[PDB]
Every structure is written in structure tokens, then in C-alpha cells.
Asks: 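Please read through the structure below; I'll follow up with questions.
Each chain gets a letter, A, B and so on, in the order the sequences are listed, and its residues count up from 1. Method reported for this entry: X-ray crystallography, 3.4 Å. We count ligands from 1, going down the list as the structure has it; atoms in each ligand are counted the same way. The figures here come from the full heavy-atom set of this structure, side chains too, leaving out hydrogens, waters and symmetry mates.
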There are 2 protein chains.
Amino acid sequence: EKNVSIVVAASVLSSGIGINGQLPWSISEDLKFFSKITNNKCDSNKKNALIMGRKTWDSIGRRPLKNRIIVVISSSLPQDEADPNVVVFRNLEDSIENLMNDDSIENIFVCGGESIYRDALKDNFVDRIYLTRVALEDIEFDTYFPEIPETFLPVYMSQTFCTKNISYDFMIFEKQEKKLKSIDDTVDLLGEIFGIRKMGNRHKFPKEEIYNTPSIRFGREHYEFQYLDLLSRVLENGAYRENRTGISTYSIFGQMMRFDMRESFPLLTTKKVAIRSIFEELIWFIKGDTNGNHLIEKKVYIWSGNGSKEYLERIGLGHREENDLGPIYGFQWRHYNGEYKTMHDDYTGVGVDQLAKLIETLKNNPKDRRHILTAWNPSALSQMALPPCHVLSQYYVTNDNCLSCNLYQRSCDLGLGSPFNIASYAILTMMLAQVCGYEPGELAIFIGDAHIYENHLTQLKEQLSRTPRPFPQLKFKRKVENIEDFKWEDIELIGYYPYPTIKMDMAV
Amino acid sequence: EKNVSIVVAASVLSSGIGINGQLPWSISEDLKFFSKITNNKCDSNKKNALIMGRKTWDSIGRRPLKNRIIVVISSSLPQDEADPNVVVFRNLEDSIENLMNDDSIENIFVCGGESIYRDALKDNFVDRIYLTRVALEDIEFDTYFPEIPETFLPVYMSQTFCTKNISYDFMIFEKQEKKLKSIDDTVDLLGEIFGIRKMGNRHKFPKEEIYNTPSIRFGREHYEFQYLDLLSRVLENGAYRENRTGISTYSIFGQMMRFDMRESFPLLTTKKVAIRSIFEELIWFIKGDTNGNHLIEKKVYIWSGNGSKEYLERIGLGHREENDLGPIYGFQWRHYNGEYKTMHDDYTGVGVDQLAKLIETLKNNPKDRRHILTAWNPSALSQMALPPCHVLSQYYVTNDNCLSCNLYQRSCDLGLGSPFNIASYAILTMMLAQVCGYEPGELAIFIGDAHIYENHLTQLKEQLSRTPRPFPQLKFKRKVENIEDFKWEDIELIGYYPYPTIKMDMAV
Ligand SMILES: NC(=O)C1=CN([C@@H]2O[C@H](COP(=O)(O)OP(=O)(O)OC[C@H]3O[C@@H](n4cnc5c(N)ncnc54)[C@H](OP(=O)(O)O)[C@@H]3O)[C@@H](O)[C@H]2O)C=CC1
Ligand SMILES: NC(=O)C1=CN([C@@H]2O[C@H](COP(=O)(O)OP(=O)(O)OC[C@H]3O[C@@H](n4cnc5c(N)ncnc54)[C@H](OP(=O)(O)O)[C@@H]3O)[C@@H](O)[C@H]2O)C=CC1
Ligand SMILES: CN(Cc1cnc2nc(N)nc(N)c2n1)c1ccc(C(=O)N[C@@H](CCC(=O)O)C(=O)O)cc1
Ligand SMILES: CN(Cc1cnc2nc(N)nc(N)c2n1)c1ccc(C(=O)N[C@@H](CCC(=O)O)C(=O)O)cc1
Ligand SMILES: Nc1nc(O)c2c(Cc3ccc(C(=O)N[C@@H](CCC(=O)O)C(=O)O)cc3)c[nH]c2n1
Ligand SMILES: Nc1nc(O)c2c(Cc3ccc(C(=O)N[C@@H](CCC(=O)O)C(=O)O)cc3)c[nH]c2n1
Ligand SMILES: O=c1[nH]c(=O)n([C@H]2C[C@H](O)[C@@H](COP(=O)(O)O)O2)cc1F
Ligand SMILES: O=c1[nH]c(=O)n([C@H]2C[C@H](O)[C@@H](COP(=O)(O)O)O2)cc1F
């Protein structure tokens, strides 16, 4: 009795594994993954058996795999005693003789093909499943991977990787039925004795109900989990709290999220995010534009709520024009401590330009620790339609010439603002990277107040029910001379296949 | 063959467990810990045996413990068949008969006393050790806990707790000799295939050599580990990088540290920290004082390096007086965007006072998400003797009326600056708490550039060789009317017993 694992690479949605007697994709890293995962052995005197259909055996060019014994399933092909590394069986179950005898075989893998995969699961010979999810969909498939039976649960999901602008993950499913103790007990007892006094009780591990894809425990690599687990922690430890809006939240303090921009783009796949709305807001910041109408003309309404007439009169800004938001983001970027009159005035030449000095500092003095962009001005706070949420950002040039970004955010809406903030500063870093001639680095976001508005509860619990899909890719179609020259047409979003969009009302 | 555990509470240094036939301390939580840890049983039909010396049996008033069978070791006391919950044995080894027979006993605990503890370890009957470390030292002990044999390694260290201004921990030692696999292998293989491309390879788990107290793996509760593990991560993944100083560092990006100020004070015990130097710098900030000499007069030299004549002339500030540092920390706190002349001028009335508006906002509108203190001013940056390291801080009022603090730090010296910054903002939060009538909350520090200067390598590796001791306590001797009225004499540091101070030269 030894282990039998399925190794397969299928499309993310339709699970297509092949077209016209070959692979729909060419990914070098995945073949090397197949090579290393099937060559994995504890005993040096043993080999691993690889079961595959005849057509699959044809697809590899009918040649043996090194240090492995290929088992071909065919009712046609002769059983050949010539090649010692290749053997043919008449049916799948008889090829499972590798269990009962032949102790020279340590582990068994099913390399499959649809016909083999389907009745390998159907007859339940499969202990484990190695799935490589690929982001190619709109192409054509004549061959698919059978839907994984409910007996399996994922124990692992890797980070998103990029090869030839194609995103892919690595997942491990296991067949689960059944089910040091000293430390677990002692901590629990201390938690009983001490109340909220013990800090371990102030941050509680989320209950399985609100924990996204609970079956994956030690195996969460994917950085969308960085957001989804923060979502869960707020649903668990969140204190019910009133705020300036009539809509109360559930708030916790001192949280963070890490993101990899090297091999992927941190855009949430559990909800369809409006990327155009995000970009057009970012280039709005970069241009230094405080005019709220310029966003609305482009059909981005996110700032309409804080850009109304009724809201401005309520905060004492009633003198102001309808959508004029005051010295907000991008004003403080391009002009710092500039005296603000209206949105129509020409502010060129006034105030400190941080974004300019930022870019200038990045390429001229990369190892400088002082690259910083701050939106928080105590003097201009009263003039703003709303104080900076993402307050300050620091940028870092790695020795391999990647550009990494840290962002502190004083107040964070996990339903609306956060999905935007994650992607927005991810784009900005990529923009700052191209202008300074760098590759994208890592994105880290630090959140002071992490909250969920009570009207988003039904929606965010829905979003948590969705198992994440690999991050998309974002490439620029041209290299601009100045960072202000970026246009929406220049952005190519590759392999984004999210879950249906979730509607959530903004608290004004 | 069942489990035998030692349960003991000893002083942190001299390991004294008792004085004059009783305990040197009275701690309610610890007795409840003893109660719950010795009442822990899997089977409801079984009881736990507690072995203790005669004098210890005297100390509890010679009365049985509920739901437990007390085993008293004496050569004098009669063996009494009267009380079924108490039994007397002539020697320790014969009392270990609980193993060979009497299956009504599930687990065995040694409640001890010095005479029992010493030859319980000496004859090696002890599988596990439950140690409660107490911060009382300078008092008198007639009874001690024997030095733990090298056969034991700690698997757990709890957070520091406070009872009657006394700090204490909870540790678990186990006797260790000997010594899912699928996930561990798959991740390793992906790490082989992909290079630094895989983000998991960019952040590597520290090698055992540079990992502080390696035996404690899943059991690190203590928040000094938050600093010590960050120390290790930099020693592992740190990129060698040049900077403005002639001394190069090893730098990583995007790190954080959490701290509990409720039950303890986050002051490093692995190195003796100068707390007076820290405080006098903080009250220096609070007063808004930019004069570097005022620190030197109080014999705090930390700013002397950046406060010299040669350093100022080097950065183009040569016009300035010797120790005048410009619009640095506390200037920007008390006066924001104030035009800076010299350190001697009277700045009262000019600039925005953040610290004032901060305190005013905290008690008037606690649930406000806008409490923020920023030292980073793009306009005044060129005038400063050095730009802000701890850039911005946000403060949070919990529903139970505790005050929690978040701090973003753009550049962090782990050898010198960080031990100061951790304690300094811990004090400031406690000060802001008293003025606004709150209890201390949690402290979270976010670090952009976490580095170790190459001259601190020998020192910081030494510091890593020291197993942490419970955090001290910090109490104020009086309640001030204004936050500026704090004096050094007002501070009482309770139960601080660090390792010897480690000298490290500041890079100028
Ligand atoms: N993305 C991935 O990981 C993988 C993709 N693929 C792709 O999928 C395609 C091939 O898959 P697919 O179309 O399903 O063909 P198969 O790879 O499953 O090959 C099937 C062959 O196996 C034999 N066979 C199957 N079932 C039985 C049975 N019950 N008894 C006896 N013999 C049996 C038959 O051979 P015979 O008729 O001669 O008796 C049959 O033609 C290829 O394009 C390949 O590249 C393949 C493997 C992995
Ligand atoms: N901090 C903590 O967790 C604990 C502290 N303590 C403290 O320790 C102090 C007392 O401990 P300690 O001084 O060590 O005294 P003990 O508690 O160890 O009691 C010793 C007695 O046990 C009997 N005994 C010991 N060894 C033998 C033997 N080899 N054969 C037969 N009988 C033996 C003797 O009694 P006899 O006269 O009959 O021969 C001896 O006097 C107290 O202050 C107590 O409160 C105690 C337990 C826990
Ligand atoms: C057609 N086919 C089946 C195939 C293709 N992709 C897969 N991808 C995955 N994730 N899992 C599979 N089971 C899988 N199977 C192939 C094709 C080539 C090789 C192959 O060349 N393997 C080499 C590896 C080549 C290299 O290192 O790039 C080896 O040594 O194992 C294997 C299977
Ligand atoms: C003198 N003595 C020995 C003693 C004292 N402190 C210790 N502290 C520790 N951490 N470990 C020990 N083994 C220990 N032993 C005592 C004194 C009182 C009780 C006691 O009252 N136990 C009650 C608990 C009391 C309560 O719940 O507050 C119980 O039900 O177990 C036990 C041992
Ligand atoms: N209470 C509150 N929450 C916020 O998130 C904000 C913002 C930032 C912001 C960010 C995103 C949106 C938003 O409309 N998100 C959407 C829709 C996006 C779209 O269609 O444009 C969603 O994902 O459901 C709206 C506002 C600006 N002002 C805000 N005030
Ligand atoms: N490169 C660099 N690193 C720094 O940490 C600083 C600081 C802040 C700072 C923080 C701590 C010290 C310091 O000397 N600390 C000491 C000595 C304390 C004392 O005896 O007063 C220590 O505990 O080891 C000196 C300066 C100010 N300027 C700095 N420049
Ligand atoms: O990028 C943003 N992200 C975000 O989450 N908000 C939300 C956070 C908060 O719910 C609201 C305003 O916070 P506050 O009322 O504390 O000023 O705006 C606003 C942004 F601009
Ligand atoms: O509180 C402080 N903490 C700290 O770590 N530094 C260090 C960080 C850095 O090593 C040095 C100067 O930062 P930089 O040269 O990058 O501007 O001062 C200074 C402080 F005042």
C-alpha cells in the first residue's frame, strides 16, 4: 500500500488540459515542476511509476522519462519487454498492481489524460491531487480535467507565477475523511484565567465559518489570502463602533498586508474590481487634479459621495463649488503647503512637488532611505473634503533593481477602499518603476483602522465563500517620458478571471 | 507508563521558590494556573496525582486539593488510610508506583519543594517542566528551584503578565532526545524551480544559528521575540547596502512588530537599555525643544553625533550653531509649518500644534479615526539635522477605553534606534493615556527599512544568544495636569532585570 497522486495542469475555469493532441500552453516552469514532483523519492533504490493514457504517451513523443518507469494504458499497444522503463497494461486497475507487489516502486503518479483521470477518480484510486491552475481560458480545448470529487479538500495554494505573461498557481488536494498537545492546552488555560488582559484573546483566530477556504491551513501562499484573512480577523475581533457616518463599523487596530508585484498583479479575484475606475483615479492624483468632475466625466463616481453639494455644506465647506474637493491627494503630491484657492486656479510653480523629487531621488540616489510621499498636511486638513486615508508611502530600491512600496493607511474600508488601495498603489509602483527604469518589487500595506461597515456584512461574507483564483498580469503598452503621460489605453490586463462583481454602498 | 510533569514558580534570576515556610509572593492568577494545569485530564473517571514534600504539604495547611490525589513524601508522617485523597510514601521512587499500577491515575505532577525537585530531576523521573518565572529578586529566599538539566529545552514562553505590579511569564520545558510532508516538499521544489522570483525565497526563515532560543518554535508568545525574530530575519535576508554613512548595512523592507502595553512594558531584557536617555528624549520632543545641548546637560548624548559642528558643516548646515538641530521631532509636533530661525527663538503661537489637537481629539472624540501625529514636512526637511525616522503615528481608543498606538518608521537601526523607538512610543502612549484618562493599549510598529550596521554584527549576535526575561512594569508616581509636566522622578520602573548592557557605536 503506497501513495497514488494525480498530477495535472488545467485551465482555471473550464479545466481544459489539452487541445489537438498537445498542450494549449507552453510553460517551462510547469514541466520542471512535473519533473521534480514525479522524481521525488525517499529511497534511492526505487523508481516512481507514472501512469498515462496512450494518447498522452503519444504526446510526449513515445520516449521514456529519466529515472522513472512510464506505465502506458492501452488496449492496442503490444506489451513490450524491450524497454525496461516502459510497460503497457490493458486496464487501469490491473496497472495498480504496483501496490500489491513490485516493492521497487515507491510512489505512484497518475499523469493521466481525461479518459484516465476520470475513472481514476471514479474508481477512487487517488489519494492526492497536484493541480496547476493556468489563466488561459478564451482559447479552445478538446480535452478537460474531471471535476474534483467532494472527498478532496485543498491543503495548499501557491503564489501566482508569471511565464510569458501567463498567470498560474500550484494547488494540492488531499482525500480527507477521519478526524504538541501541551502547548495548546497551556495557552488555552491562560486564556481562561486572564481575560482580554491576555493579548492572545484580543486577537482571536477566525472561526471556520468566516475563514475563507478553511481546508487550507499551513498552505496559504496566495497573497489574496492576505486580504481575505484580514477580512476574517475583522469579522471575528471587530469592535462595533460608531463613526462620522450614520453607518457603524466593526473595527480593529494595527493590521498589515503583503503583496508580490514581481510575478503577478495584486488585483482581487474573489470580486470583480473596476480597474478603470482605479487607474483613472490614480492618474488623477498624479496630474495633481483636485477637480471631482474630471472623474465623473470619465464615468468614475467614487468621489461623487464626498463631492456633492449637501456633503460639503454639512462639513462647513458649503462656500465651495459642487465637486471641488480642496487640497486632497495629488494636490499635496504635486504641490505641498500650496495655498489652495479653487480647483480652477493654476497651481503650477507653487508648493513642494514630492512626486517629482521622488522620481528624481529614486534614479539618482536609489539606496537612499528617504524616498517618501505624504498626503497628510495639518494646515490643509480643514480645507479638504476628506482627510487622507492612505497617508504616507515609502519606496525602496532593491539591489537587483526592483522597486518596493510601503503604504500606511490610517483608515481602511475593506469592502470598497481597500480593494482600490491595494491595486492603486500597485499601479503607481509599476509606473514609478518604469520611469526610473526598475522592475516591480513587493507591496506592503499597513492599516491603522481596519473596519467593515455593517451594510457590507452580507456582501463580504459572500466574497469569503469564494476560493481565490490566480492574480492577473498588468503590462504597459508603451514607455512614457513623463509619468503624467499615462493613458488607460496603455494598460493591458492579462488573465483576469474574477468572480461576479459584488455591489456595496459607500458610507458618506 | 504515564506523563510526569514538574509544576513550579521561581524567581527569574536566583530561582528562589520560597521563604520561611511560605511563598515570597502572592499571585492569584498563578495559583489558578496551578489549579487548572494540575486538574487537566482526558478521562473523567481518573484523577491526577500531585507529589509534594512534607514541608510543602504543611504550607498548604494540610488540606486536600479538590478532584486531585495529593501524595506527600515523608519519613515521619504516618501512612493514613483515613483521607482517600491524601497518601504518604516513604521515598520518592516508591511514590512513582503510580506508573506501574493504579490506572485510576492518568497524569502525575510534581509540586515539589527544593528537596523533592532536586532528586526528581537527579533520578530523572521528569518528562515536562511548567515554570512560572517571577520578577521578584532583591527579596530573600531560603528555598530554590534546582538548575534545569540540559536534557530539557523550552518549547514555550508566554507573554509577560502583571499582578500587583509584578511581572511574570509561563514557560514549558520538555525532555528531548530523539530526532504533512507533501506541502513541505512541494514548496521546496517550487523554491528550486523559481529563483528569487518566488517571494517565499525573498523572505527566508532564519537559520537555527541566528534564531534566538531555537527550541521554542510554535511557542513564542513573548513580544520581545517580535524584535528578536526581526533581528534574525535581517541577519538572514539582509541585502548588503551602502548608505550616507561610511558604514554599510544589511537591509530588508516592509517589516512590523507588535507589543502589549496592557500587562507589561515593552523594554528589551536581552540588553540593558538606558531608559532615562529614552525618557529625557521623549519629554524633549513633547516640550517642542530643538536644542541639542539641553539633552547633553542632562547627560544624554544620543543626538551629539548629528549635533556636532563637523556634521552640520558637512550637510550644508554649517551656518547653524553647534547643537541646533533645526525643525526636527517635537518642533513639528508642537509647531507645524512654523518658520524656523534658531533654537533660541520663542516659537509659542506659531505653527500648528498637533500634540495639543491630538490630546484634545482623543478625549473629545475617541472613536475618531483621525488621531495622527506626523513629523514629516517636505518644506522643512532641508533645514533639519536629519529627517524624521519615526515619521507618523496614529492613535486608537478601544471600546474598553484603552489607548493603542501605531507607528510607521521609514528607517530603523535595530541595534540602537529600535530599542529606543519601541520604548519611547510606549511611554508616549502611556502619557497620552493618563492625560486623556485611558489605560494603555497595544503598540504596533511598522518599519520601512530594517537594517543592521555591519559594526553591530558581533554585538547583535551576542544579544541573540540570550533567552528573554519577562518585561518590566512602568508606573507613574503622579498624575500631571499637562503632558509637558512629566519629570524623570515621576517614573517608577518595576521588575527590570536585563542582561548586561551591550555597547554599539552609532553611525553618523
Ligand atoms: N495538462 C495535462 O496535465 C495533461 C494533458 N494531456 C493532454 O490531454 C490530451 C490527451 O488526453 P485524452 O484525450 O483523454 O487521451 P488519453 O491521454 O487519456 O489516452 C487514452 C488512451 O488510453 C487508453 N485507454 C483509456 N481508457 C482505457 C480503458 N478503460 N481500457 C483500456 N485502455 C484505455 C486508450 O488507448 P487505446 O485506445 O489504444 O486502447 C486511450 O486511447 C493530450 O492532448 C494531452 O496532451 C495529457 C496528460 C496530461
Ligand atoms: N514557588 C513554588 O512553586 C513552590 C514553593 N514551595 C516553597 O518551598 C518551601 C519549602 O520547600 P522545601 O524547603 O524544599 O521543603 P520540602 O517542600 O521539599 O519538603 C521536604 C520534606 O519532605 C520530606 N522528604 C524530603 N526528601 C525525602 C526523602 N528522600 N525521603 C523521605 N522523606 C523526604 C521530608 O520530610 P520529613 O521531615 O518527614 O522527613 C522533608 O523535610 C516553602 O516555602 C514552600 O512554600 C513549595 C512548593 C512549590
Ligand atoms: C505531454 N505531457 C503530459 C503533461 C504535461 N504537462 C503537465 N503539467 C502538469 N502540471 N502535470 C502533468 N501531469 C502534466 N503532464 C508531458 C510532456 C513533457 C514532459 C517532460 O518533458 N518531463 C520532463 C521535464 C522537462 C523539463 O524539465 O522542462 C521530465 O524530466 O520529467 C512530461 C509530460
Ligand atoms: C504552597 N503551594 C505550592 C505551590 C505554590 N505556588 C505554585 N506556583 C506554581 N506556578 N507552581 C506550583 N507547583 C506551585 N506550588 C500551594 C498553595 C496553594 C495551592 C492552591 O490553593 N491550589 C488551588 C488553587 C487556588 C485558586 O484557584 O485560587 C487548587 O484548587 O489547585 C496550591 C499549592
Ligand atoms: N466611507 C467611504 N468608503 C470609501 O471606500 C471611500 C472612498 C474610496 C472608494 C473606493 C471605491 C469605491 C467604489 O465605488 N467601489 C466599488 C465600485 C467601483 C466602481 O464601479 O467605480 C466596488 O468595488 O463595489 C468608492 C469609494 C472615497 N471616499 C470613501 N468613503
Ligand atoms: N545611524 C543612526 N542610528 C540611530 O539609532 C540614531 C539616533 C537615535 C539613537 C538611538 C540610540 C542611541 C544610543 O546610543 N543608544 C545606546 C546608548 C544610550 C546611552 O547610554 O545614553 C544603547 O542603548 O546602546 C543613539 C542614537 C539618532 N541618530 C542616529 N543615527
Ligand atoms: O482610499 C480610500 N480607502 C478607504 O478605505 N477609504 C474610506 C475609509 C473610511 O471608511 C472612509 C473615511 O475614513 P474617515 O471617516 O475616518 O475619515 O474612507 C477612503 C479612501 F479614500
Ligand atoms: O529613533 C531613531 N531610530 C533610528 O533607527 N534612527 C536611525 C535610522 C538610520 O539608521 C539613521 C538615519 O536614517 P537615514 O540615514 O536613513 O536618514 O538613524 C534614528 C532615530 F532617531
Asks: Going by the PDB entry, what is the chain that binds ligand 3 with the most atom pairs under 4.5 Å called?
Replies: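 Most heavy-atom pairs under 4.5 Å are with Bifunctional dihydrofolate reductase-thymidylate synthase.
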Asks: Say which drug appears at ligand 3.
Replies: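 It's recorded as methotrexate.
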Asks: Using a heavy-atom cut-off of 4.0 Å, enumerate the other chains touching methotrexate (ligand 3).
Replies: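 Other chains with a heavy atom that close: A.
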Asks: Define the binding site of methotrexate (ligand 3) with a non-hydrogen cut-off of 4.0 Å.
Replies: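 Heavy-atom contacts: A:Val7, A:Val8, A:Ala9, A:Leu23, A:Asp30, A:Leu31, A:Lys32, A:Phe34, A:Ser35, A:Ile60, A:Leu65, A:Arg68, A:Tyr117, A:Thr132.
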